[PDB]
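To keep things clear, I will list the structure first and then write my remarks on it.
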Amino acid sequence: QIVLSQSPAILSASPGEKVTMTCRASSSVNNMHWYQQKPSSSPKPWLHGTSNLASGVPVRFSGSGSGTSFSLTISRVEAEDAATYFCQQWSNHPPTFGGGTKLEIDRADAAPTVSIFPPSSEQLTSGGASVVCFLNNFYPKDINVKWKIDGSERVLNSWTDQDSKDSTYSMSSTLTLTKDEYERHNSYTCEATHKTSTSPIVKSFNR
Amino acid sequence: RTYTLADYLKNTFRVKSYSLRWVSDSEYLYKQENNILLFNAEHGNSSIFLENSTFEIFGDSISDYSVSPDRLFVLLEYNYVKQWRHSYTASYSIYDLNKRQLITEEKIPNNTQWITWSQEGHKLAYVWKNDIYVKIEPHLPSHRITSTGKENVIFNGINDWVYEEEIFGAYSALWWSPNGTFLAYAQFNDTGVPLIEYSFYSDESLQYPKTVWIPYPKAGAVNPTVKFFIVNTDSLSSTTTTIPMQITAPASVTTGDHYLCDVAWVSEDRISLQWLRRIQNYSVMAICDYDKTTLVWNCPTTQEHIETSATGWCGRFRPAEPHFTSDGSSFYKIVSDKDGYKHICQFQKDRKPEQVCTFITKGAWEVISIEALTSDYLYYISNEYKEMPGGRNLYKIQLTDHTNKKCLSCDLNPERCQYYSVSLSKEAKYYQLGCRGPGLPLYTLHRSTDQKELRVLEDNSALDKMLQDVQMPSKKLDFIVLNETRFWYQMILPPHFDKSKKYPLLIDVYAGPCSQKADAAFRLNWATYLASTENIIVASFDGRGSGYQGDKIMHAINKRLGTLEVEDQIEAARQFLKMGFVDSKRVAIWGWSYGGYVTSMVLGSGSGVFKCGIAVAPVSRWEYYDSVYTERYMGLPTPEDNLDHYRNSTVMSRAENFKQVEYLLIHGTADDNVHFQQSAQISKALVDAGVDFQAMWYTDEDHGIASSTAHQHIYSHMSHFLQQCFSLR
Amino acid sequence: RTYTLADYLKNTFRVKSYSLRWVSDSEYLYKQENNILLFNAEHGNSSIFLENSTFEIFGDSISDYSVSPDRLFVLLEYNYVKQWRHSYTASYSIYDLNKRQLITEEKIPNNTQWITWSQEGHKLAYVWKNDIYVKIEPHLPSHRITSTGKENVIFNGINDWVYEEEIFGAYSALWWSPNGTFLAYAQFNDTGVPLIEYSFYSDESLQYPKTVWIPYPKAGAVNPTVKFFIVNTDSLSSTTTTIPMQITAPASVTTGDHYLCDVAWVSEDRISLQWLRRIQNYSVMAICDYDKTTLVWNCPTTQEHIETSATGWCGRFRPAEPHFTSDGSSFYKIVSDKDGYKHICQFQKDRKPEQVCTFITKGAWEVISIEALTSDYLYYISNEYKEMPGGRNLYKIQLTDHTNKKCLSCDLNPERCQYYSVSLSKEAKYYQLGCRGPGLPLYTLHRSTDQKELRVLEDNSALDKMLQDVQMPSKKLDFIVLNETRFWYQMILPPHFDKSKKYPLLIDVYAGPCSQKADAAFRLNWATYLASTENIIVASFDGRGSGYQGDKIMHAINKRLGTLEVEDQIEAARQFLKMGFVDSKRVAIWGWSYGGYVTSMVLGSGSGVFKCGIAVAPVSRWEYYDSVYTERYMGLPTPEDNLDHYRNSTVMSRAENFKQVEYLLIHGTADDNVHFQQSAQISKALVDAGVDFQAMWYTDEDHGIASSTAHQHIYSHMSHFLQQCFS
Amino acid sequence: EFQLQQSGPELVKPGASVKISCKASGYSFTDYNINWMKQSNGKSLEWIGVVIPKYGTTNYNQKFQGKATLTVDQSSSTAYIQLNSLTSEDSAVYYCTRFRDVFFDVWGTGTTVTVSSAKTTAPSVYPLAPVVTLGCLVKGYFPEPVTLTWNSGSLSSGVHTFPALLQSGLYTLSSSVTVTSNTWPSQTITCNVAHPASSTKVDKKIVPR
Ligand SMILES: N[C@@H](CC(=O)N1CCn2c(nnc2C(F)(F)F)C1)Cc1cc(F)c(F)cc1F
Ligand SMILES: N[C@@H](CC(=O)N1CCn2c(nnc2C(F)(F)F)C1)Cc1cc(F)c(F)cc1F
């Protein structure tokens with residue numbers, strides 16, 4: 001039906017700054033609607049009739065527009081506002097959705113807490129050995145994590161969503177191996193090249 | 001405070017109305033908070049018909065609905081896309097009332113150009129890609145009637161551009177039979193019709209502008225051809241081939257080019273076809289009967305009814321509707337009498353040596369419309385009450401004894417209501433009066449026998465409030481005597497109008513053939529603002545050429561479409577200067593469409609009366625406008641007919657005289673009616689003559705300039721001009 | 001009395017000039033007005049060449065003439081019908097000078113799109129219906145060179161729309177060899193190039209408007225392709241089929257889309273082809289040699305001189321013209337230094353290991369053009385004298401001794417003349433000087449050896465006697481200092497300018513890439529009226545983006561056409577306020593073409609400096625304008641490149657800010673250059689924004705609005721706007 | 001005040017069919033209408049259909065006409081959606097919403113529904129120790145939803161529940177928590193893994209190595 005195009009995918013802005021948001025239609029729309037969705041949660045109603053607040057929506061949020069270019073402005077963005085937004089149309093049946101307006105927040109920098117874990121006695125029982133490594137609390141999402149088998153460069157990654165509390169990110173690097181290959185070398189290295197650094201960050205365990 | 005420009009544009013003070021659909025003889029349908037309700041006029045109660053939850057099923061995309069005559073199915077219009085004035089595109093889906101669910105088998109296709117229920121029963125016909133389809137049951141497959149359809153070439157069951165605009169005033173060109181056996185339809189071919197081509201720029205994302213084109217017959221150019229057909233819907237099968245049957249003739253009209261300009265079913269095997277020559281002073285109403293033994297519709301010369309006019313053209317804009325009786329012998333028709341006055345007169349199915357019809361009304365006034373026709377009475381509207389042409393009142397007349405002529409809406413509220421419009425029931429035993437002006441609009445329900453008001457549907461009590469702190473203007477309807485005859489005018493006077501003081505005057509003008517700006521209707525429009533806030537007298541005048549006052553006044557501008565109504569608008573201004581409350585140095589004139597042409601011609605006359613003026617979407621010369629409308633009043637642009645006045649009634653010929661005035665030219669770039677060409681030529685002539693003027697184009701706006709923001713911009717832009725012209729800002 | 005608007009529009013005060021065409025090294029031609037006369041420069045006498053009667057047989061329909069190199073034939077142009085900026089069609093007829101009568105056998109057909117004599121002799125080549133026709137002898141039949149021509153699809157020997165406008169700057173796309181043996185020509189194909197479509201209403205008599213359409217490649221859209229050919233003209237017969245030889249463009253260039261931008265014959269068996277990628281930061285100058293045996297033009301990799309630019313684009317608007325020597329081994333073109341200054345670099349036919357070349361000029365200034373190159377000396381125009389980018393003077397430098405660096409026009413008249421233009425003879429023995437400003441224009445004849453003025457060709461004394469009762473304005477050329485860099489401006493001051501009093505300011509702006517409004521030239525235009533009559537200071541400013549001042553300034557707006565030049569125009573206004581003779585409550589800005597875009601962006605900036613402004617035929621967003629111009633500065637409008645700034649630098653996005661100003665939008669309906677679309681989108685954005693403004697279209701007017709009555713109307717309408725805005 | 005609640009997460013094989021409810025309470029259930037949505041794991045939303053509880057009138061999207069079938073029970077105030085003949089393409093999250101004749105003003109909890117030939121599998125839990133940072137690696141389950149909390153709530157700050165990732169038919173969901181140096185060595189801290197489908201109520205405390 002009407003292909004709505006969100007502009008753009010992800011957008012960042014500091015707390016207390018202005019934030020504008022637009023949904024571009026193809027044909028035409030009489031009245032554009034908006035919806036906020038936090039990761040791993042149901043979408044919430046935000047602005048109906050383009051401008052009017054929903055039953056519970058705060059007063060800093062308000063929008064306007066017409067034709068094939070509607071808008072939604074956010075006065076003074078807070079930490080809790082970090083959540084994905086979607087634009088909805090139903091001037092023409094069937095109703096359609098946008099694509100992705102992930103409202104990012106721009107915060108201060110902080111170094112990643114580099115921890116590490118060897119395989120416990122329970123996991124060695126199954127005839128295997130998964131070495132785990134942790135990186136907690138940081139704004140710069142760019143990083144180059146890599147393992148070394150006493151020099152030789154050889155992984156399962158999993159990333160956290162943006163925190164509504166403090167707008168920081170985290171990471172977990174897991175290295176799955178067998179018990180036989182685990183009993184073939186001594187030291188295990190977990191380094192990384194983060195934005196708030198230059199050379200590899202040192203953290204390891206020994207048998 | 002006053003009635004400001006913002007109040008008009010944002011539409012704070014809303015003038016309400018009461019729309020209703022007469023389903024039965026004593027039952028109607030009405031909307032309330034998006035919930036359509038069923039009302040029974042037999043009692044004083046209401047029943048829930050179809051809830052807002054049902055329309056909500058498609059969201060806000062529901063533009064309109066249409067319940068079937070049997071009250072078992074509802075046609076749900078959605079995804080509305082406008083085309084021209086009446087034509088549009090929409091998707092459709094049928095709702096079952098008993099089972100309370102949608103019919104999702106054998107659906108109506110996308111971009112359906114038109115749909116219709118039958119007169120009696122749940123039968124559906126529809127047009128899709130210029131081809132007609134028939135659907136006997138909502139759940140059954142549709143039988144294809146035509147396969148000749150092609151975009152902008154062959155139209156089956158729908159009007160092209162010129163027929164939609166100037167002839168039927170509607171997109172539909174198909175007509176169901178009373179019981180539902182037949183389905184009549186017209187076919188138009190635009191093969192020879194030349195194309196108007198303009199640019200559509202669209203949204204800014206579009207890199208290359210699109211060239212829109214329409215088959216548009218300009219004055220003198222090749223017109224479309226027409227072909228009438230009837231198809232038997234009761235004999236439709238997928239086994240046999242569906243074969244419609246064509247009605248040929250009349251032989252008199254088919255000598256040259258001609259038009260189909262009305263059609264009405266009399267009975268299940270009888271139908272009347274109105275025809276008209278390209279030279280629109282000759283109309284034939286051929287009644288035709290179905291010969292079921294040979295399967296051909298017979299049209300004898302005895303059942304034809306000729307209608308002619310030496311002074312000008314047939315009817316007001318077209319030969320009027322014939323209202324047939326139940327049996328289908330006698331039919332009533334609004335026709336001009338020997339004195340030149342539009343009155344109801346009775347015809348029988350058979351014609352007479354000289355077809356004289358018994359006029360049931362003779363007075364010095366005109367019948368506006370025939371609203372209903374019962375077995376023993378007839379309902380109609382006229383401008384008789386208090387000898388006002390601008391007035392409208394409901395009248396009742398008996399067929400047996402003509403002298404029994406009672407008025408139904410005259411003295412119900414003679415101060416508040418002098419302009420009525422009625423919506424009668426099926427057999428006219430209940431009716432709704434629609435008081436439009438000059439007071440706040442009032443809507444009431446009535447019984448036919450007692451003329452007794454059952455209730456007040458809408459009295460604008462909310463509009464009565466809100467306007468408590470506003471300086472309301474006052475409308476003054478009156479006339480003057482010019483050259484041994486009356487000529488009515490209108491004036492929206494400023495609040496608390498003082499005759500001793502002098503005010504600026506603005507002439508609101510349309511002044512087209514059979515137009516009427518001076519009436520007793522109430523309006524909260526741009527004129528209200530100019531009086532309320534800026535203290536400007538907004539006037540209007542119905543000079544020679546105007547309608548509803550006999551064919552002597554209306555046909556005065558025959559073959560002379562830009563001369564008398566030009567001069568009579570100037571004379572009207574001079575007469576207002578004599579009254580002594582008009583500032584002579586601050587007189588202006590403005591008009592839309594034909595009004596733009598009149599405004600432009602008035603300014604180009606060089607009378608010295610008008611200081612400035614505004615033309616919005618003006619006609620420049622008549623060769624650029626369409627054939628049907630232009631050739632109705634003007635001739636053909638040829639040396640053999642009337643080329644000399646075509647060449648002399650142009651705006652750009654009078655370009656040198658614009659140096660004496662301040663001119664504002666406005667025109668939408670995507671105007672399909674009065675093309676941007678016309679203003680483009682005007683402006684080019686003014687440039688060549690070396691006269692300074694003001695201009696304004698509106699990107700992608702049509703003739704109406706009805707886009708919210710464009711509507712706000714033009715009236716705000718025109719206000720600045722008028723303030724600067726009269727030295728207010 | 002003053003220099004009124006009527007004087008400008010009626011054009012009562014004609015600024016005279018002196019044209020001429022140098023036939024030989026010692027002789028030139030000039031029109032009396034009735035006749036043409038031949039003036040020998042060694043003598044001081046006249047010889048009548050072609051009488052008024054010879055044109056008068058064709059009446060007033062004669063528009064131009066063209067005498068052949070051998071002086072035996074004259075090509076008479078008539079029935080002139082303009083097309084675009086340079087393109088037009090015309091009828092032609094050859095006139096024998098010896099026999100003194102017209103050649104009426106095998107004549108030139110109607111609607112001839114282009115004609116030209118050969119460099120030597122009298123061989124004619126001409127384009128008709130997109131097909132080239134060679135004609136050795138005026139009375140001989142024509143020889144078809146190609147038969148692939150088609151209206152708006154295949155162009156043979158002529159440029160399509162985008163090549164005519166942006167690349168070559170002319171309609172001709174064919175080049176004769178020095179001796180008339182070869183005729184080079186380019187072939188364009190617009191198949192795939194989308195069309196601009198607009199309505200031409202024509203005269204009142206036309207009932208239905210006509211839809212004009214042009215193959216127009218907009219920014220990012222499909223461009224036309226190009227092919228180069230050379231045909232052997234000496235071997236053309238009606239028995240053998242004519243088979244042209246195609247040259248292949250460099251392999252590095254043909255990887256993607258590319259352009260042909262300049263062609264010059266070095267010798268008979270040698271030719272230089274200038275190529276250029278669609279991403280205009282890479283130009284290859286391939287010198288190709290003719291193979292006598294196999295009949296194929298060889299283009300070795302060793303004879304490919306590459307040009308590049310990390311900061312922006314190659315050349316000013318395109319790669320410069322190379323000037324080869326008579327032997328055809330060494331050539332000279334204007335190229336940027338290490339400091340980014342345009343100077344004359346010496347090249348050979350073969351490239352050097354890493355494209356090194358010898359700069360014969362240096363310093364913080366630029367060379368404008370190269371008018372001539374002799375065996376002994378090199379002639380060029382520069383802006384060095386008195387460190388004035390606006391100034392222009394004729395210079396002379398020796399080939400071996402670079403320090404031998406003269407100036408032939410620095411001291412002729414230092415008050416009256418600071419802006420010169422030159423028209424040299426066939427081998428720099430005589431030359432004409434063209435003093436344009438800042439005084440009344442002066443034209444004189446000269447000798448090359450000793451800088452001696454032979455005679456005064458035009459002194460503009462006739463104009464001088466008429467401008468003795470008029471209140472004359474005065475031009476003030478100067479500069480300011482921003483961030484340790486000097487940006488020059490000019491101001492058309494009102495008569496007897498009093499610095500104590502305050503005046504209204506009008507910022508005349510164009511401010512395009514490599515533009516220069518602030519100069520030392522004399523003009524009797526609309527600005528002089530606003531100063532003379534209305535007492536308005538008309539000023540212009542060459543901020544960042546302007547040329548002739550190093551590539552550091554010019555390439556500052558690379559990928560960014562709506563940010564620096566617009567705010568530098570605002571900043572320049574703020575500086576004029578500080579000077580203390582500008583009424584701050586009455587300042588405006590107007591511009592045509594790119595100036596309309598700058599004006600519109602300035603008004604939509606929200607600075608609050610300007611009260612009102614006028615944009616005439618403005619660009620609205622860069623996606624609408626053509627590819628060659630737009631992509632040179634902005635690149636491609638794609639997510640992978642520069643789509644972000646394309647969306648940001650639109651006029652429509654700044655719609656809401658126009659409520660702080662009074663805006664006048666003007667545009668011709670039949671504009672092929674900057675389509676009416678652009679203003680139509682601007683106006684539509686302002687309407688949606690709810691901003692009130694003034695507008696004016698012009699029916700069937702193009703980009704120039706050069707029609708007489710349309711020209712008078714627009715400047716009258718703009719004058720009324722400023723009277724209303726200031727008074 | 002107005003509450004919408006659906007059934008729990010689901011798994012099925014290709015070709016099978018499923019049914020999921022949407023119980024509501026607070027408002028007059030018969031008045032307002034119910035609309036259903038679809039959203040893939042990393043894509044935009046998609047409208048399926050709509051029902052009116054009063055009469056049970058339905059209207060479907062063309063894309064889901066021959067797949068989803070909607071019904072409702074007004075006595076229990078519970079709406080249903082019946083997805084017929086599933087494939088790997090149907091693997092997505094589904095929502096039930098209410099319409100105020102304006103927009104989707106009420107929303108349900110949301111339910112993930114997976115479609116795969118692989119049989120159900122139970123998670124393994126491991127206690128991770130620092131040999132301040134703890135951990136609780138869950139490894140070797142399938143469907144999707146594994147609820148992991150510490151001491152059945154309690155610990156909130158320092159928690160980073162990393163979403164699960166597929167590895168040869170084995171979902172691997174890790175977690176972490178951080179506090180002071182004094183608290184852990186003495187007092188006990190435990191992670192509580194739970195997976196409904198395989199019936200597992202697993203406990204594991206972090207012990208000093
Ligand atoms: N095209 C005209 C249509 C009209 O005058 N009527 C509406 C249709 N109509 C009328 N009277 N009967 C009918 C109908 F039967 F068609 F509905 C009057 C109006 C009209 C006249 C002009 F001169 C012009 F420049 C534009 C324009 F739109
Ligand atoms: N299209 C532009 C071309 C140009 O600036 N020059 C003419 C050609 N040229 C120039 N300098 N060298 C050359 C030539 F080599 F191409 F001839 C200057 C002019 C131009 C720029 C605009 F922004 C605009 F909106 C319109 C317009 F007409």
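Below, chains carry the letters A, B, ... as their sequence lines are ordered, and counting in each starts from 1. Just so you know, ligand 1 is whichever comes first in the structure, and atom 1 is the first atom listed for that ligand. Side chains are part of it too, since the values below use all heavy atoms of this structure and drop only hydrogens, waters and symmetry mates. Excerpt of entry shown; contacts counted in excerpt.
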Choosing between selumetinib, finasteride, sitagliptin, doripenem, pleconaril, which one is at ligand 2?
sitagliptin
So, counting contacts under 4.5 Å, which chain has the most with sitagliptin (ligand 2)? Name it the way UniProt does.
Dipeptidyl peptidase 4 soluble form
Which other chain letters have a heavy atom less than 4.0 Å from sitagliptin (ligand 2)?
C
Deposit source organism, chain C
Rattus norvegicus
Which residue from the UniProt active-site annotation for chain C is closest to sitagliptin (ligand 2), and what is the minimum heavy-atom distance to 1 Å?
C:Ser593, 3 Å
Define the binding site of sitagliptin (ligand 2) at 4.0 Å using heavy atoms, by chain and number.
C:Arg85, C:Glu165, C:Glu166, C:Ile167, C:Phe168, C:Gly169, C:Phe317, C:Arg318, C:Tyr510, C:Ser593, C:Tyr594, C:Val619, C:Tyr625, C:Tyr629, C:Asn673, C:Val674, C:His703
